[PDB]
Amino acid sequence: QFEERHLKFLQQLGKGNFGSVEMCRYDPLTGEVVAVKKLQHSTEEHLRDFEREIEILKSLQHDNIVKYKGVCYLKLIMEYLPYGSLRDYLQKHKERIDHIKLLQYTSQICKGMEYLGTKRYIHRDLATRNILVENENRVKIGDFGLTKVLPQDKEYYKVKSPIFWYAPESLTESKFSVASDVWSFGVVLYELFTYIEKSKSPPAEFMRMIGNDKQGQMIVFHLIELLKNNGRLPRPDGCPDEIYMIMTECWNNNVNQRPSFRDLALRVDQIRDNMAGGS
Ligand SMILES: CCS(=O)(=O)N1CC(CC#N)(n2cc(-c3ncnc4[nH]ccc34)cn2)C1
């Protein structure tokens, strides 16, 4: 474990309404820099969920999943990835990030999700805000606060919300599955190829398609109707048609028709290889 007496707060990395992450120096004896996740508005339910999240991350060992380091007395300690979220990184470096590089990040996210599927985990929160950048060549899935373990007897989990990333059956039945993670991956791919431009973000695009007359519950209603009538996010400027087609396959209303992460990884890798080779 970690001795809090040797943890010095250096910078806030994220301050949510139910959790926060701090950059702290752990110097037990010049020491190391670590990322420290703590609970905000800690209720008995929230601490129970945080305990399970801790256990889920400790069980994960993958190049594209943020590294668990341990716990402190209750705080979650990991590594400090110094380039922050992919949102900040892509915004800052967009002029230098070509499509071959976007597909490198896409492939890495895909392989992390592939690995999560092996353990029958549903992430439920796949979005660029939850992808961290270690260096210019490696990103990692960085947060698992909504992740669920599928029950032994079902291939979905029902849960009582980032609605603009949600599959239709998550919006209607509160059902989450690998296939609804694939839907959200399609939205991540859209985020990447819009270079995280806020006026092109999923919430901005969907509200323009719906109408900004709506508020709260009615937004969800017209989003469901929109998706049921096959309204979809548009092809981002400059986005290759083959990549948009993958997005649209992830966004199939028919759950059975969405691709697997294994197949997504294979195709993304092939497209990137063809792009780099000039074929
Ligand atoms: C849900 C509220 S939050 O503030 O806890 N949340 C985690 C969050 C999203 C992700 N991943 N975040 C993580 C970091 C981060 N940066 C640098 N190294 C790191 N290691 C582990 C996390 C991490 C910064 N913001 C934002």
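Using the PDB entry numbers, chain A covers 843-871, 875-918, 925-1011, 1016-1134, in order. The way this entry was determined, per its header, is X-ray crystallography, 1.7 Å. Indexing begins at 1, ligand by ligand and atom by atom, following the structure's order.
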- [ ] Please pick one of amodiaquine, baricitinib, alogliptin as the drug found at ligand 1.
- [x] baricitinib
Open item on the list: I'm curious which macromolecule has the most heavy-atom contacts with baricitinib - what does the PDB entry call it?
Closed with: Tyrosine-protein kinase JAK2
Open item on the list: Please compare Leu983, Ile992, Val984 and report which has the shortest non-hydrogen distance to atom 15 (C) of baricitinib.
Closed with: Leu983
Open item on the list: Suppose I only count heavy atoms of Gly856 and a 4.0 Å limit; which atoms of baricitinib are within that range?
Closed with: 4 (O)
TODO: Could you check which of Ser936, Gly993, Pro933, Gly935 puts a non-hydrogen atom nearest to atom 11 (N) of baricitinib?
DONE: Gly993
Open item on the list: So, regarding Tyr931 and baricitinib (criterion: nitrogen or oxygen to nitrogen or oxygen, under 3.5 Å), is there a contact or not?
Closed with: no
Open item on the list: So for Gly996, does at least one of its heavy atoms come nearer than 4.0 angstrom to any atom of baricitinib?
Closed with: no
- [ ] Using distance alone, decide if baricitinib has a nitrogen or oxygen within less than 3.5 Å of any nitrogen or oxygen in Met929.
- [x] no
Open item on the list: Taking 4.0 angstrom as the limit and counting only heavy atoms of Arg980, give me the atoms of baricitinib inside it, by number and element.
Closed with: 9 (C), 10 (C)
- [ ] Would you mind running through baricitinib and noting each atom that sits below 4.0 Å from a heavy atom of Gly861?
- [x] 2 (C)
Open item on the list: Below a 4.0 angstrom heavy-atom separation, can you tell me which part of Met865, side chain or backbone, both or neither, approaches baricitinib?
Closed with: neither
TODO: Nearest heavy atom to atom 19 (C) of baricitinib wins, so pick from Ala880, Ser862, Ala978.
DONE: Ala880
- [ ] Provide the organism that the deposit lists for chain A.
- [x] Homo sapiens
Task: Binding site of baricitinib, heavy atoms under 4.0 Å - done: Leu855, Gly856, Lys857, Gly861, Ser862, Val863, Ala880, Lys882, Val911, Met929, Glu930, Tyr931, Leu932, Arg980, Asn981, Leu983, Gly993, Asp994
